Amino acid sequence: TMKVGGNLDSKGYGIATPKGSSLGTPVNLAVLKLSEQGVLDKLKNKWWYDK
Amino acid sequence: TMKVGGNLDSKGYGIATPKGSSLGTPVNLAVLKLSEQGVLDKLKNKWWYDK
Amino acid sequence: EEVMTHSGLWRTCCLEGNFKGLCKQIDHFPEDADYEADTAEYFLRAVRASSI
Amino acid sequence: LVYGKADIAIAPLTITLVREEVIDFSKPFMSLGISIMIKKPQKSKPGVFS
Amino acid sequence: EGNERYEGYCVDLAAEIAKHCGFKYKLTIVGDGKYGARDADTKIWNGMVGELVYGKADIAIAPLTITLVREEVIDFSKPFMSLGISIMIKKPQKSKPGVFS
Ligand SMILES: *[C@@]1(Cl)=[C]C2=C([C]=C1S([N])(=O)=O)S(=O)(=O)[N][C]([C]1[C][C]3[C][C]1[C]=[C]3)[N]2
Ligand SMILES: NS(=O)(=O)c1cc2c(cc1Cl)N[C@H]([C@H]1C[C@H]3C=C[C@@H]1C3)NS2(=O)=O
Ligand SMILES: N[C@@H](CCC(=O)O)C(=O)O
């Protein structure tokens, strides 16, 4: 099976906490540290391209 | 000038406020209400590709 | 700026310019992004650089 | 999430207006877009006597 | 005057943000002409992050990248446009085909 076209639109996956949880700030200070340290990208590679 | 290669990481621009500014949540809900109607891409087209 | 050039082998000259009957000695020269060193050019370029 | 059965969601949960109404999304960790999938339309092979 | 002096993607998006939230807005230029970092020694945030920390403006609408050391001191919205660091060079000429083409 094969893709055609590009993207139709923009969407995204975010980490979601119930509203007002005390998780909501440490989760973001984690995710943004993973982005600024390049860990998300090898988590993508290890599953889409190595495998 | 010309581009080469891929990108070294991925990031984005965010609308920023002083911490605890009352605008933070209605601005987030605005950015969603815009992207869910394609307004952000339509504006990107108008300033990158239509020029 | 620019002229109707009248270019030879060992020199280049011009006509109908802002002055007339002034001619330039021929030479060779690197350009932007180099690419004068490109071997398929450089072969030709080093040959054109002379009346050999 | 919203009715307290689960303390956090870590999954391909798409950020949307109608979901941020009731839960808080972090900054996105992976970009995507909607796209079409079909059967691969016969990427062909010539014969030796083509 | 006002906002019509400025044209651009962030001006359009500022007009959309205002039209949704109901407030008026006044586009202003960062005084030091920088995006913003914190000093090594004085720890002063410069740039628009400085302007935000010192209460110069209620909101910032610019190509300011969501980054962790800024999330320490200010809040960012969801990304309105994505990107990555990349490479710009002067392009070479379109090559003439080889002598043995
Ligand atoms: C679009 Cl249309 C929308 C969003 C992004 C990028 C694009 S595009 N195809 O490059 O023009 S974004 O930069 O990934 N930021 C997203 C957020 C909106 C929303 C939250 C996040 C993801 C959903 N919008
Ligand atoms: N290469 S990717 O699609 O898996 C991908 C895409 C993105 C990542 C991280 C990865 Cl690994 N982080 C950014 C976020 C990080 C921070 C900065 C922008 C947002 C907040 N969103 S993104 O630009 O959509
Ligand atoms: N990831 C989607 C579901 C799968 C899809 O629609 O492709 C969501 O969060 O709703």
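Letters go in sequence order (proteins before strands), and every chain restarts at 1. So this one's electron microscopy, 3.7 Å, going by the header. Remember, it's 1-based here, ligands and their atoms both numbered in the order they're listed. The structure shown is a partial extract from the entry, and contact counts are restricted to the extract. Both backbone and side-chain heavy atoms feed into the values below; hydrogens, waters and symmetry mates do not.
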- [ ] Tell me the drug found at ligand 1.
- [x] cyclothiazide (bound form)
Open item on the list: Help me out: which chain holds the greatest share of contacts with cyclothiazide (bound form, ligand 1), per the PDB entry?
Closed with: Isoform Flip of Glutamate receptor 2
Open item on the list: Can you point out the other chains with any heavy atom under 4.0 Å from cyclothiazide (bound form, ligand 1), by letter?
Closed with: A, B, D, E
- [ ] State which organism the PDB entry lists for chain E.
- [x] Rattus norvegicus
